[PDB]
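Entry overview - Beta-lactamase SHV-1 with sulbactam in place.
Shown for chain A, in order and in the PDB entry numbering: 26-238, 240-252, 254-292. Just the heavy atoms: all of them, side chains too, but no hydrogens, waters or symmetry mates, feed the values below. For ligands, and for the atoms within them, numbers begin at 1 and follow the listed sequence.
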Amino acid sequence: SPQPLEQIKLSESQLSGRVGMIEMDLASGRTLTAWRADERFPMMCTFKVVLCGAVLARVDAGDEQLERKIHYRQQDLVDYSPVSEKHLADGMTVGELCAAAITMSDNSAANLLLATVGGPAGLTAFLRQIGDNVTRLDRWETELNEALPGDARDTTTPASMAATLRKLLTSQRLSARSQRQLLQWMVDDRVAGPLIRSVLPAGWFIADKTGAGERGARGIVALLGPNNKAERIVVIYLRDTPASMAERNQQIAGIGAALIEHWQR
Ligand SMILES: OC[C@H]1O[C@H](O[C@H]2[C@H](O)[C@@H](O)[C@H](OCCCCCCC3CCCCC3)O[C@@H]2CO)[C@H](O)[C@@H](O)[C@@H]1O
Ligand SMILES: CC1(C)[C@H](C(=O)O)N2C(=O)C[C@H]2S1(=O)=O
């Protein structure tokens, strides 16, 4: 593999699309590798980590319980609801909805949680509350995936998302139990986690959330490190590429491979 930045540049030229990336030290917040870190990219389902953070904040404040069972109707369901479509009769707990959102990319589960935090405007208010003045959510699932060229709606930057993920997981803004829960949901990802593990060398920790949208939009937010320890936050977004899903996945994997190959720096 080339140097990480070398590989990122190659990925851009090969995809004919824009890549944004940050590698951040989890412990200190130091930015190690950065590419288009201040440019905007659609969040897609990566927003669900921030969403579940806002839910956990309500739990901490006594305004919510993970145990609380939410009942919903078929008319509330949107496109891609692999878990929520199964529970029209018996409902789902807030915690279950969070797990389905993060680990399964369940879009209806995400919308149900989004309602509880005051919709996109409420989640954006939460982001401002934790010191993120850049990330914004404007729409619900699935319109938030539209990824129109130059549209600032439903976007983050690699640098803002990495800082925000660090704040949620480690800054003690969330309670100890809530920090642990948010991490565990990411550890439990069923969309990409097991596939990623299958191609990681022995000893590499992974926790993640993925997303996909229109016009080639693709993304991952992850915790990664050797010696079975979450050492770094890695955030990678792609936008405005006509490439196959397979090649988008392969390019993101290649950036990851470059980071692993050139880890010690
Ligand atoms: O010398 C370091 C390592 O180099 C290779 O590991 C390869 C591995 O065989 C390959 O499958 C992976 O592809 C990359 C797959 C990573 C998954 C995507 C990463 C995601 C999640 C984390 C954030 C970025 C995106 O690269 C590494 C590094 O070259 C060797 O196979 C392995 O024995 C050795 O320990
Ligand atoms: C699983 C996905 C490819 C993708 C993912 O998590 O990779 N999710 C979203 O952002 C919506 C769902 S999806 O498009 O079905």
Which ligand or chain identifiers match sulbactam, all copies included? ligand 2
Taking a cut-off of 4.0 Å, which other ligands or ions approach sulbactam (ligand 2)? none
For atom 7 (O) of sulbactam (ligand 2), find the nearest protein heavy atom and state the residue, atom name and distance (0.1 Å precision). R244 NH1, 2.8 Å
Tell me the protein heavy atom at minimum distance from atom 6 (O) of sulbactam (ligand 2), and give that distance in Å. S130 OG, 2.6 Å
Best match, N132, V216, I246, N276: closest heavy atom to atom 1 (C) of sulbactam (ligand 2): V216
Give the atoms of sulbactam (ligand 2), by number and element, whose distance to some non-hydrogen atom of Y105 is under 4.0 Å. 15 (O)
Would atom 13 (S) of sulbactam (ligand 2) count as contacted, meaning some protein heavy atom under 4.0 Å? no
Among all protein heavy atoms, pick the one closest to atom 5 (C) of sulbactam (ligand 2) and tell me residue, atom and distance. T235 OG1, 3.4 Å
Who's closest to atom 2 (C) of sulbactam (ligand 2) heavy-atom-wise, of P107, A135, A237, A217? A237
If you restrict chain A to its UniProt beta-lactam-binding residues, which of them have any heavy atom nearer than 4.0 Å to sulbactam (ligand 2)? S130
Nearest protein heavy-atom contact for atom 9 (C) of sulbactam (ligand 2): which residue, which atom, what distance? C70 SG, 3.2 Å
What is the residue-level binding site of sulbactam (ligand 2) with heavy atoms closer than 4.0 Å? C70, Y105, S130, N132, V216, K234, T235, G236, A237, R244
